[PDB]
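Drug present: darunavir.
The sequence lines are lettered as chains in the order written, beginning with A. By the PDB entry numbering, chain A shows 1-99, in order. Using the PDB entry numbers, chain B covers 1-99, in order. Indexing begins at 1, ligand by ligand and atom by atom, following the structure's order.
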There are 2 protein chains.
Amino acid sequence: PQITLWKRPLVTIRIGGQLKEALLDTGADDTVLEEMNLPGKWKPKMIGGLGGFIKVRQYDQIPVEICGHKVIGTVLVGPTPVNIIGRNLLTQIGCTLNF
Amino acid sequence: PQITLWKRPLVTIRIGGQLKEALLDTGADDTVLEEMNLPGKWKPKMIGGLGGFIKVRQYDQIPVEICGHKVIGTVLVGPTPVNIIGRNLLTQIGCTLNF
Ligand SMILES: CC(C)CN(C[C@@H](O)[C@H](Cc1ccccc1)NC(=O)O[C@H]1CO[C@H]2OCC[C@H]21)S(=O)(=O)c1ccc(N)cc1
């Protein structure tokens, strides 16, 4: 796909058999999803964004399907205003910015 | 150009006599820059990210040069930890996401 930016780059992702909408977010280093349950061990962590720091649960080596492209990587779960796919996963689907 | 996402997509922007480093950020609706004293009328605004909201000043029709490309639009100004080029300006340079 080529995705233009007149609207939010929202795509459907598959994670744990769940379908969610997420924002392709080149300004995010990391992928952060709203509160959900994922299996396996996790580490408590903190990350900062525009309005300060939040607490997240860090899940590693999680399979996600983004627009039919399969990635396996780190997913942070916590109180994000929207599901954001960060660069850790955008790189795995071969995503670039072009102009 | 094509910009990969292995690293933060930082680029040089010019606005007035000031050069700045800013993020090409598909996750940001509007452009937001750190402390600067722009001319003309502005409106107060609140924008939300991870961690909550910050107050900014909305300046409209501001000329900006991004990677040699002259552009013109809204620039928000406030205590962002990083300068962000938002979709409002990315569209004007014909920026797309591709994978
Ligand atoms: C939270 C997003 C939905 C929207 N934002 C842009 C977003 O790309 C920020 C942009 C950003 C970038 C750096 C610092 C603060 C904000 N990234 C971000 O929060 O990423 C976090 C997840 O990975 C980590 O890597 C960077 C911060 C962490 S935002 O900064 O809050 C924001 C919101 C509204 C506007 N107009 C402009 C920016």
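- The full list of places where darunavir can be found here is ligand 1.
- Most heavy-atom contacts to darunavir: the chain the PDB entry names Protease.
- Other chains in heavy-atom range of darunavir (under 4.0 Å): A, B.
- Counting heavy atoms under 4.0 Å, the binding site of darunavir comprises A/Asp25, A/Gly27, A/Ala28, A/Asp29, A/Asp30, A/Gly48, A/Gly49, A/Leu50, A/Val82, B/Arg8, B/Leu23, B/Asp25, B/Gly27, B/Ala28, B/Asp30, B/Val32, B/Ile47, B/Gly48, B/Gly49, B/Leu50, B/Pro81, B/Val82, B/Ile84.
- Considering backbone and side-chain atoms together, A/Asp25 places an N or O closer than 3.5 Å to an N or O of darunavir.
- The contact set between darunavir and B/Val82, taken as ligand atoms under 4.0 Å from a residue heavy atom, comprises 13 (C), 14 (C).
- The atoms of darunavir that sit less than 4.0 Å from any heavy atom of A/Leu50 are 15 (C), 16 (C), 30 (O), 31 (O).
- Close approach to B/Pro81 involves these atoms of darunavir, each under 4.0 Å from a residue heavy atom: 14 (C), 15 (C).
- When each atom of darunavir is checked for a heavy atom of A/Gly48 under 4.0 Å away, the hits are 27 (C), 28 (C).
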